[PDB]
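ATP-binding cassette sub-family C member 9 bound by repaglinide.
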Amino acid sequence: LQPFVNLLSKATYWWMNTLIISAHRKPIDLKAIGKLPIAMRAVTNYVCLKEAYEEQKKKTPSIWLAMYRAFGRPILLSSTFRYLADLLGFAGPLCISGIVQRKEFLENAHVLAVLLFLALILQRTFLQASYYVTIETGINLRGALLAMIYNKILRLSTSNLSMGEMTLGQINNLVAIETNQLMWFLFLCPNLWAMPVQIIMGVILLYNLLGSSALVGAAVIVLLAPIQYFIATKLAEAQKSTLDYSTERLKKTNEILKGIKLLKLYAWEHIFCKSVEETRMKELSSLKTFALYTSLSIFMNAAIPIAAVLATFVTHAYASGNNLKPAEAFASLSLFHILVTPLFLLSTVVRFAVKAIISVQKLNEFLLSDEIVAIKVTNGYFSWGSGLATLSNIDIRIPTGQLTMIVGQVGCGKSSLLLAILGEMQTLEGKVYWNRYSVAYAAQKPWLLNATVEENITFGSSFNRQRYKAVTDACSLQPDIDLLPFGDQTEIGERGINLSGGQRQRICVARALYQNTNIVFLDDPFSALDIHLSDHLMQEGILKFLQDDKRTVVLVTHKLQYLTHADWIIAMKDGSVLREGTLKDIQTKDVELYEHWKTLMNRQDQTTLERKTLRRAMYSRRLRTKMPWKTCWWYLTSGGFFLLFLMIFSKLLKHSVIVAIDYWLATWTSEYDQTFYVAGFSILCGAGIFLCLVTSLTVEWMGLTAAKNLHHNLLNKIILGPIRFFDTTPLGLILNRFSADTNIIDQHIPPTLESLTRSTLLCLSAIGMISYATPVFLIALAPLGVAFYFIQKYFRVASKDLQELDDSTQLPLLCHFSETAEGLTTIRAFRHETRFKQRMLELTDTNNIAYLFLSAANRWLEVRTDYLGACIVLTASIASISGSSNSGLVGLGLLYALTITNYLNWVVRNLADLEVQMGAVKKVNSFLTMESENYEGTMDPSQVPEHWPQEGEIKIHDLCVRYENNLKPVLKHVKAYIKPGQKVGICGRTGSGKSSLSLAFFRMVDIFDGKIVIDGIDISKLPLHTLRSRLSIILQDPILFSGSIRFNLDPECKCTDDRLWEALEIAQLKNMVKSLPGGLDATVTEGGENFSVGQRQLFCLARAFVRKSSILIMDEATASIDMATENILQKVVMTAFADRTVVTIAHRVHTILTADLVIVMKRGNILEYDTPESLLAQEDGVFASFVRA
Ligand SMILES: CCOc1cc(CC(=O)N[C@@H](CC(C)C)c2ccccc2N2CCCCC2)ccc1C(=O)O
Ligand SMILES: Nc1ncnc2c1ncn2[C@@H]1O[C@H](COP(=O)(O)OP(=O)(O)OP(=O)(O)O)[C@@H](O)[C@H]1O
Ligand SMILES: Nc1ncnc2c1ncn2[C@@H]1O[C@H](COP(=O)(O)OP(=O)(O)OP(=O)(O)O)[C@@H](O)[C@H]1O
Ligand SMILES: [Mg+2]
Ligand SMILES: [Mg+2]
């Protein structure tokens, strides 16, 4: 008997109840979820799919055939279940038919009720079994496809001809969209055959029950599918347009957030906010058409059935000598309700099928793509697939266990030489011998995972504290490591703590040196290394650390230095080897080349600067079940009480009119001329259509209004927020507040809310109507209501947890595919292919199990609610037949009871989804409630002179500065009197609050004690906007936002182009802009990458000049600037700003030695404030010490 109960559980999902029930006590952890059965592990599915694919290739290969060969049987089983389920589900109307017309005891009207109950249960259990089988096969297919494309990625080539700039984009698209769409098509595949059969059977049954008259209604409903497909295509068009505008808006917002401090300093936040508001306006303009089409689709879906009913019944009434019977009428109405959904969804199935065909074509295109004495090579010719040997006559030899160096000119091919020796490119002729063992490789372009530093260093190697410390010290990486927030175990790479090129390549070199292997390749590890660091790495790392290990080291470096240490040297030229040998060998054979090295060698602070920027970033650092009804009400009200009332009233009236239509039909059928009834029915149907249209339009209007209001208010509040907000909160979350949350509010909330309200109203109306026909039904209803409440609670909590876990598991998979897509050369050099493949299998298995359990929970909820609906139908039917009432009311009760089962689960599912989305709404609403700054100014703007800062007098009175309240004041008792028309120099030990002093000048940081006085007006006693408007500033790293040169010079557009030209001339940038096309109107890319760093500084100086601040502040402007550019900067500061007041945060003292006066800072203390010449001649203080060095 055990098999019977086992199958029952596998059908009623009894295994899901323990996880779902426990969902309350503990969040659904990955461990809590049992691992995938070996029958469903991604590895096995990949094996089967590869077998099928190779069988196809044995006879150009097509994926579709392989997918069939792999997963046909589950699909056939699913189709069998689906066909049986639909065939049984056609029993509903037939049973209603026979019960209303109430040894062939089937007419007894009692046995038929239990027959209907059992048939409904069997139908729905089979249908859910089919859903689950197709879900499982689809997820298996997704796992197999991901594994297959991952293997392809691992075997991909790196030729620039093949792997273009868009190759990584294509791979991300495949993993994120194409595979998912193919999975969805696999989910929906059974429908593609179960829908047309269902529709045909429905039409045949309609003809049998109601005769040729029902043909009109059949045609009217069949017209639903083309309409749905057309409006769906238009909707997709509008959605693409909205996606384009949304991407533009997101780019603008992201650039704004990054460097927000700069915008606040320039006081330009308002103009950027206005531009983003314009972008949002266009986005909303497109979203309005999207909403129009969505509303049209909903209206058609909810009205075409009414039109079909109207046409059918009017035609039958006017074209039948026999008056309309009740049983036939209600059976036909139930059949229409059965057929509406399949027709409404066949169009979506077709769209998914087309998208899947496109996706499979794209995946096939991807797959059919190109792919690939320690060492000696003889007669080696290699190319990058161009057909022309990029390397020729490769007679290289790599002596075992000895340092080897490769020298050459720019773009000689040494990097290509290493790649070819790795076998990473086609070998036209010649062979390479290994005497393959894995080789430690540090790519010319450094590469890093998204794991922490420890993972990068180990890279899967067993941890050894001794080796880790030794290599870290050898590469001088310990300090910068300590600078990190968590030191080690600190995420780095694209998503983690951003690192400069020097640090990245140092980490890569550390990885290479740590990894235990006999062969090490270092491709110019000194790309951005200072002399001291490079020398330390060479002496301690390259030689000693590997001398002990007796490794074989091949080094590629432009810097001819250190060649003395190298045992063997290689000379290359134009993708060919001039000579190979030691220094003595080259000297003997090629004197000219030997001397040429000395000739070039004889004709010969970034690291410290880099760490300073890194250290600056480090300065800053029960019942999870109840939905947020407060937040949902806040959202609903956001649109406006008028719109909310209109929506509610319209929907209530629509459902009242629909139930009125049904009751009118019942009363009409009561009898057993018809003009009165038909006229009434027609007017009712017209009113219903009108109300459907009105309610759809109203819900969409409410959605649009709410989205616009919420987004606008959020952007205003965030932009008007204090700097600390962005300093603490990671930029990622703030950006996500507009990336996803806004997308959800725009697109998901309105449709989901409309569906939830419609389902709730339909369920309530059905219950009320069956009670009206069957007053005794409520007694049986109440326990069912209790069960419904419990199911609602459990499923809502479980689904929330499962969905969140699914997303958290998915994100690492995309991250890993993106990472492995890059650095393929590095992985293949380490030959860690197996490790990464296993990692991918683990990640995909976890994601698949999460998704599968989410779908299984959905199935469990469906089965429970469906047994509930079956009990409802049984009780309603039995009570009605037993109860004495008019036949029409009996038919109405049976019809509504049968229907209620379709919506009884949609109500709860939409409720859960709306809860999840209200989560995001709460996120946004809470985020926009953050307190703003004291923009109000105590003094009247008129009282403060318009040209207030012209004089340039500044005083400091015992100032104290604190970044945040309750923290130690970085500045204390800071007093300073800066004479107008004076130059002020500031220098001291790093971290002495110089930039803090500048921020205090700009009010950015709180002035807890003391004051800053300019022109006799306290800075605090003034609007911060006014202060920032008429003050200049030159940050250390200038940033320019995407747009024209005019926009950067003056977003306010207040000054004439003559002023801009004069500013660019004085800033020495007039010729630079003139040479570039477009002149003043030339475009600029985001972040100022279009121009050189010195040009960015010139742009900043031009901004200062045009601002006419009368003041000037420089925060180590010369830092990270070319010496000639630094001299130009000094000249322009000295001459152009002669009449202005200059305050400089001197990165280097000698640049500010000429300042009229200097200030010495130390731990928030003004140790010295005099002329720099006097301080040097007075005492040998701190200023004298660092300035002398
Ligand atoms: C994650 C998707 O897992 C499922 C997968 C399925 C498989 C399936 O034949 N769908 C039919 C719906 C049935 C009732 C007609 C369908 C067809 C076309 C468009 C959408 C849809 N449906 C898509 C989801 C359910 C609502 C409309 C069912 C149900 C689920 C589910 O999660 O409940
Ligand atoms: N992966 C690649 N695919 C295609 N062509 C490549 C690839 N790598 C290099 N090349 C081309 O091969 C030639 C030499 O490139 P390579 O990087 O090997 O030279 P190099 O002397 O090491 O240069 P570098 O100054 O960048 O260190 C150039 O034409 C370069 O464009
Ligand atoms: N964002 C911040 N939040 C809180 N405290 C900060 C922040 N930035 C700096 N501090 C504190 O202020 C001290 C000095 O700040 P600041 O960067 O202005 O000084 P500095 O001497 O000009 O430094 P730098 O070397 O960057 O020019 C830091 O040591 C830290 O104590
Ligand atoms: Mg190179
Ligand atoms: Mg500073």
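We're sticking with the PDB entry numbering for chain A, so the shown stretch reads 216-274, 282-324, 342-611, 666-728, 745-913, 924-940, 968-1018, 1027-1543, in order. Just follow the structure's listing: the first ligand is 1, and inside any ligand the first atom is 1.
Counting all copies, repaglinide can be found at ligand 1. The source organism field of the entry for chain A says Rattus norvegicus.
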